[PDB]
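Structural view - carfilzomib (bound form) in its complex with Proteasome subunit beta type-5.
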Amino acid sequence: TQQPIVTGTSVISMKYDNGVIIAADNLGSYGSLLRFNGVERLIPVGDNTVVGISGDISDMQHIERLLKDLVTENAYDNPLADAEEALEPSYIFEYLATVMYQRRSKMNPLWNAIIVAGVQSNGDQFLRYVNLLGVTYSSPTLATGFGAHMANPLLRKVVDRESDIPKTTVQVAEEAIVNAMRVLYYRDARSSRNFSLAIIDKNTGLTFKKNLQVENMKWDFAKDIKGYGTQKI
Amino acid sequence: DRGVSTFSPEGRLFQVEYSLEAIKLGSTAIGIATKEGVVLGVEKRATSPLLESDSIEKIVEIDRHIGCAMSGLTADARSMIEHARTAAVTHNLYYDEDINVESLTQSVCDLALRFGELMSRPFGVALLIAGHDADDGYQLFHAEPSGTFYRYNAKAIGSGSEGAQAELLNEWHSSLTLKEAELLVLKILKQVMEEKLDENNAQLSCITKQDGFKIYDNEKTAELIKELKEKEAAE
Amino acid sequence: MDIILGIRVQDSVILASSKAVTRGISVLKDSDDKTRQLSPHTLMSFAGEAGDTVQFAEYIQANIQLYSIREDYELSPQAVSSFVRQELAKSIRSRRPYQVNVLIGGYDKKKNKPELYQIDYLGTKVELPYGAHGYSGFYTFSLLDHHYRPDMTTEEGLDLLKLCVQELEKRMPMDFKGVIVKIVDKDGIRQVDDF
Amino acid sequence: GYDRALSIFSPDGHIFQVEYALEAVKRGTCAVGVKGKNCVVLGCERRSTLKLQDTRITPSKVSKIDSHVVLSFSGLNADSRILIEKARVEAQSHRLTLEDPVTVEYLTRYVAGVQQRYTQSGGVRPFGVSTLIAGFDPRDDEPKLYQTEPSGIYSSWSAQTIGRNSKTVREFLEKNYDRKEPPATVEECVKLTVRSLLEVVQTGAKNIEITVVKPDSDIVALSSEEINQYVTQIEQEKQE
Amino acid sequence: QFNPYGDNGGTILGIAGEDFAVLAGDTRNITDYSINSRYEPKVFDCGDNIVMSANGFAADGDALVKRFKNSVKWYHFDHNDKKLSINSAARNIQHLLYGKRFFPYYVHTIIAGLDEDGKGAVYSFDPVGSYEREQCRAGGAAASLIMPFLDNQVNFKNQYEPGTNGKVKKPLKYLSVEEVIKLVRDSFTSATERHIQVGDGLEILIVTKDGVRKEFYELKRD
Amino acid sequence: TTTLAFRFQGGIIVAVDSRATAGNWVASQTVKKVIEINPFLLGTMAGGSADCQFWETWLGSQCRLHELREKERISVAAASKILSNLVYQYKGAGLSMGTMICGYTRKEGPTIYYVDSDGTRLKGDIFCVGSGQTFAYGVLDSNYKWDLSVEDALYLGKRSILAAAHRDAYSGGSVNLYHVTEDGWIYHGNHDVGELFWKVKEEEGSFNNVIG
Amino acid sequence: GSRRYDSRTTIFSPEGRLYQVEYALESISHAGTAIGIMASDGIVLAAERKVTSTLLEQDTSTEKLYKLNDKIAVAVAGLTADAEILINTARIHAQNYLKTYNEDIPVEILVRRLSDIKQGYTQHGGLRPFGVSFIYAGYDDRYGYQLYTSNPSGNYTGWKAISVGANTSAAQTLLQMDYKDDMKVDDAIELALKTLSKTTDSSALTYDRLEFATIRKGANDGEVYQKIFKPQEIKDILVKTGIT
Amino acid sequence: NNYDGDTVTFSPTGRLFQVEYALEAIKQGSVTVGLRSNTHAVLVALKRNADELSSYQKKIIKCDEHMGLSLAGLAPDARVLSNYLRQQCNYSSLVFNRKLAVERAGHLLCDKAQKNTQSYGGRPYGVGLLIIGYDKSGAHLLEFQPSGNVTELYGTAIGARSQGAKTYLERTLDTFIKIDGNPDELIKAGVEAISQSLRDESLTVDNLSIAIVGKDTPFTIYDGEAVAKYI
Ligand SMILES: *[C@@](C)(CO)[C@](*)(O)[C@H](CC(C)C)NC(=O)[C@H](Cc1ccccc1)NC(=O)[C@H](CC(C)C)NC(=O)[C@H](CCc1ccccc1)NC(=O)CN1CCOCC1
Ligand SMILES: [Mg+2]
């Protein structure tokens, strides 16, 4: 039995024709206090997978260490560690899913919501979710926390079903993700303006973008709003 | 001295090979498999005439569809039978079905090599496991203390085994009736036994799909002994 | 379970135990014998939590019978009571304690004296001329304080016991379906069939 | 824990520790069991190199396992106590779970199983004891007599003997016991038992113990004078 | 305080015919008032012509299916590639569930297939392992909506022969695979209308002696 | 649930309903509440369905092991005590079982044992167990005599379950009848309350509270 | 491994004897003789100290005779250190019984349990047996006065008069000669001393080489008293019987 | 001589005699052959009987859908080791959703056998194994020895008279390695290979045992009338 202390908010993601995109802000909240601002919540595993984590940050750092160790262990006595026997996104996910469910079953969970995004060896897009309860699911778009309530509706307008994936380019997909991050900054009280974004493409590979900022914000209309009903000045 | 789980220079486990010698000293047990059933017969061999022979229990039920005969240090067989019965009933509890004869035998043979420095020595008893299931039909298995088991059409174990086995080689064919098999066990037992064969010093049993595993009465066996003597005199 | 009584007189110990077994709003049985013979001259009645009672009684019975076979000798009522007390005294600090109260009636053959011991589930032992467990005592103790004499006969003790059962049948809320009465004396244990 | 495999096979296929345990039984004082038409009698030898003994308190050779079953033995005395204790505990445990006393066959099977376990367990030696177990099943009047030995094998006997010079008394019983007509009464059964011990014992004074078991938990041990009367009667018929 | 259980919604349905059996389930996965996935299958081919679904808390559901699939694998290894009969599977699943009697799998389990006489079979389980063979069973969030409809249309309950004064019951008969799929589709469209956790898609698994076939149909996405 | 079993001149009658509930949701109308342990032993089930089903099948495995080991069919007393000792080990853990072990043996004769999940074990001639036990008692007790015929005893058992099925909301479905003799148990059919109630009402003239 | 150095203490010889038990008995046969004699009104325990030195403190010494409880005592023959391990166990066992049943432990029950401990060391554990033989002298209300002996095998027997340790063969013959059943304590005292005096390996039996104890009902009315004799009391009883 | 009492003792020349005696048990075992191309991997095994009344001891065991082995020596030890492999393959599937690499399978068997050669009380395994499999890097063939030594090969053979088949495969190397997309021909080559180890006995219908795994072929075993094609 736990309670989360230092926490990270939404992680959002979606599939597009040639790969997957995933994003998360760089904030480590301490309750209502916006304590830490240099926190990276997207963790790449190899050159074909990115694990996005929300929830407790101490538990996130533990999971970082596990993935780091997984890469080391896979390299042992493995001549094809950088080729056919490299770590796939599906292997990394199933490992985490196993751990998450085992920890909930011992009544001592890792207080997290996790999205594993990547591309398989055969080119197939991989995107799957897992949380503290060991619950797993997959969808063209996936999001955690407030992202589930606000990002998913926006991302589903681009990719509503499977057949919409080939019709969606990386330009269109990234635009939707960046827009969703802006909306979350408007509306989530535990979000920050600074965020990271990662693209895993079957052709161009892994592209990791740091120190992005929410921009093109609409605030001007605020000057016209006066009082809460009857006030005129 | 020397380790219990030591290999000889020829590549055999000393203790397993020595336990095989103990089994050769044991009383004879014979099994024959047919398409109408499997017959199991044993030599009781009472050490003294005051001993009540009906208390000598060398043929044993494992389940309704599986029976067992033994030879060697028969006291060692008690925990093997206990395990076999539990394995059979447990499988019925987990799967609502009868357990395959081969799977039962394999479970018993897993105990065999669980000795060393687990129990202190191998078993000094060999088992003949007979039964029926829907998949492979009527079956006979010879389970050794080496952990190995062979399926047999017919098999003899104990002191008169090599002589009885040679006789079974000639007599067995694929069209034997159950009655023919019963007489054949009695015939071969009478040959290798020291004392003269009768209903009190020898015991028969069988397993059929319809009636399951049955140990024969001394009255029923006595008639089969009389039927056997008459047929040999008739030519 | 509910009503168990005990009276020690001049030459015997008399135990009375209710026959009812109730669960919920149903009397499941009206002929239940809430007692076990521990040895030829020692009898134990019991009352308390369902299941625990019989499980405890039979466990004690097995241990005393084991002792008897081992030593070819009968333990004194005092010795048996001390053994029972210790078992309950262990139990009360266990993960799940036995919730069982007992009376032990015995005839000591070496002393030629009847003996009655009252032991509760905590392991609280007392030797008494008369005893009861549960709500029964709230009626019977005051009654026996008045009518009991130490030199009474077995017949006088049974009449004294009838007086207790009558009072309980008048003032107790629950129907306990009468009692089974047993006598312990120099000749052993016997049951009164017409009570 | 001490793990050594003490009981092991030899090249010829023998377990010497089990066989040497039989030698301990052969050294022990003679014990005999004879079952009649309505009873079983257990006879036991007591060696007379021990005078100044206190027979009140000295452990008796025949032990009650329950009110309806008895156990005598030959071999190491200290070893026998361990088997008797375990048997007595199992007897009470059976009554507790099955709500019925043990059969003589069941009790024997248990004691034999304990003996067998000590032949293939690490760190232990076999029991240097063979037992004769006798009694009557609950609500049954058919007499029961069983024998066990260190290896763990057990079997039923019309009459049997164990211990030193047991081969001599077994020889006697083999010609004097008729299967078609067992000792019809208690007196006949005790006499045949005493006769058989008189082939081996020495004097019929304080050397022979006799215990008679009858149906429905009816077990009694004979005194010196009672046994001495059988000894006196047998010798007078012998001079012929 | 940490709560180890959750509710992932959805509903499942099993019907048995003469020489076939279907096991249907919606593809929607939810938590509270949010949709997690519009297509997340929860009806699985487990081998040996056995289909299985464990609806309720998805983490426990996946764990169970995973363990049973593994149980089938080891049954082959230990018993000479013998086919695991539907009745034997059912008993095995009881022990899987009851093994966690004091920390249960929070699921309604249904399996379907053919019995050893070739006839259609459906078994249903409670969370702790009690089971029963039936012609008909609905499980999950909308079980209470669908089940009474099945009683009426599959087992002809409360239906009497016209003109017989309510004396002669409508006789029981097996339904064709065409008729059964009609009932499944109508059951799920009705459930989708009136239950918020049910919708998006319907996936049916049909089991005959020839193998396991699949059929998919769209459901309302609101 | 409603289950009963009573002893009489001609052996033992055992009768049960077939309903299973989860709160007010009627989950099944076709549950088998009698477990056939061997040709001479029966077990009834009331309370938690998984608990009863699991442990009474387990009981059957223990009884089979007894007759393999002892070459003799287990006594009703010993069979009931295996179950009662088992549930006593789990006392406090939350098992929910009200069972009746019914059967015939030579040494005992016809015997019934009540066994429940708080460890109570009682020998007796009549028992009713379950949420509708009181309704069954009312009819059974008021019509019970030792000298009932096999035909009348079967009907009284059937009629007592029907009484409870009618009044108790958590009992119903159908009636399963069993008769236990010296030769073993005999099944006397599944009787749907749907048809049985009206058939009994018409023929017997009872159930006048209901609109005919 | 370590198999190489294992003596195998708990095995049978080809003749069916326990090597270590037999060799432990051989050890005990060199220990100072101890005698127990049971009379109708009490029990005597007499024991010879092992070759004494003149600078040994005699009065504050205990080697042979030990108290188990108020009603039971033991005479020791063998390794003293081994005996004390067993004595403390026996003392504890007696108190466990008293705590459980509120009655003093019957003599045989105490003897059986101590003997069962010895038996265990001969059947399992791979340890050497205890090189000790006890003479138990005690009283209870069932059998009254009782004498027992136990040895490394764990076998125990009851006696009217018995000796352990050195020269038991000669000692037992002398006891068997002069013992009779109607004997009193004061007569048994004289027999015990006379027997040691003849079987001793020393030149002459003196007070400083002896330990002596009685268990009488010689207290006031129906109760038992244990008397462990002081040096001066042994000196007097030796003069009173005319040995010195 | 004095240094063969247990596995924990080295000889003066640095030999482990108990391990060598375990190796001797393999030489007494019936012959079994392993070979592979780029697409498929094949096991062929000569089964042995007690007599004409007995069955023929099964030599081949399935470990997963993509992996299995053949045995030579103590059969119960093969059952222990195969069971361990089954669990390890299964652990890889449940935890990582990953088919166990045939190379890792070999590393795991090596380490399990080794522990039994360095501790008091235990004994070495008395069996040799030929593991075939098809994984993400194509077809594989491994040879396990109970000393711990595991070796990857194109082809090999173990058991009595295994030198005949091992020589043949050494000659045929260039031919059979290029038998791609043709199962029956790769088996024919394996059947002809094991034939070089036969003396007085020939391959009959209940004597021969074949197993195959490959690109579009799960690990399957052929016995009885299913191998009559290859005689
Ligand atoms: C009469 C009919 C009612 O008392 C009988 O007593 C029968 C006995 C027969 C069936 C053997 N008893 C029941 O029907 C019994 C009543 C009951 C319920 C819960 C606890 C104790 C007693 N019902 C059950 O056991 C049902 C049977 C199912 C519906 C086939 N099972 C449940 O209610 C299960 C398991 C309950 C449980 C017990 C112990 C630990 C965990 C769970 N519960 C659910 O399925 C929960 N729920 C059902 C509704 O859908 C959402 C999930
Ligand atoms: Mg909606």
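Below, chains carry the letters A, B, ... as their sequence lines are ordered, and counting in each starts from 1. Note that ligands are numbered from 1 as they come in the structure, with each ligand's atoms numbered from 1 the same way. Not the full deposit; the contacts listed refer only to the portion displayed.
The ligands or chains attributed to carfilzomib (bound form) are ligand 1. Other chains reaching under 4.0 Å from carfilzomib (bound form, ligand 1) with at least one heavy atom: E, F. Other-chain residues and nucleotides with a heavy atom under 4.0 Å from carfilzomib (bound form, ligand 1) are E:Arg101, E:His108, E:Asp126, E:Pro127, E:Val128, E:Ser130, F:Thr1, F:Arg19, F:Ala20, F:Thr21, F:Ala22, F:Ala27, F:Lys33, F:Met45, F:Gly47, F:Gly48, F:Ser49, F:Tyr170.
Each of the following atoms of carfilzomib (bound form, ligand 1) lies closer than 4.0 Å to a heavy atom of F:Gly47: 6 (O), 7 (C), 8 (C), 12 (N), 13 (C), 15 (C), 16 (C), 22 (C). Less than 4.0 angstrom separates some heavy atom of F:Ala20 from each of these atoms of carfilzomib (bound form, ligand 1): 10 (C), 14 (O).
In this entry, the covalent bond from carfilzomib (bound form, ligand 1) runs to F:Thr1 OG1.
The name that the PDB assigns to chain E is Proteasome subunit beta type-6. Measured between heavy atoms and rounded to 1 Å, the nearest UniProt active-site residue of chain F to carfilzomib (bound form, ligand 1) is F:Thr1, 1 Å.
Near E:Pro127, meaning under 4.0 Å from one of its heavy atoms, carfilzomib (bound form, ligand 1) places the atoms 34 (C), 43 (N), 44 (C), 45 (O).
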Can you pull every nitrogen or oxygen pair between carfilzomib (bound form, ligand 1) and the protein closer than 3.5 angstrom?
from	atom 1	to	atom 2	distance (Å)
carfilzomib (bound form, ligand 1)	4 (O)	F:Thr1	N	2.9
carfilzomib (bound form, ligand 1)	6 (O)	F:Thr1	N	3.1
carfilzomib (bound form, ligand 1)	6 (O)	F:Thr1	OG1	2.3
carfilzomib (bound form, ligand 1)	6 (O)	F:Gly47	N	3.2
carfilzomib (bound form, ligand 1)	12 (N)	F:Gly47	O	2.8
carfilzomib (bound form, ligand 1)	14 (O)	F:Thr21	N	3.0
carfilzomib (bound form, ligand 1)	23 (N)	F:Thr21	O	2.9
carfilzomib (bound form, ligand 1)	25 (O)	F:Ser49	N	3.0
carfilzomib (bound form, ligand 1)	31 (N)	E:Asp126	OD2	3.3
carfilzomib (bound form, ligand 1)	50 (O)	E:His108	NE2	3.3

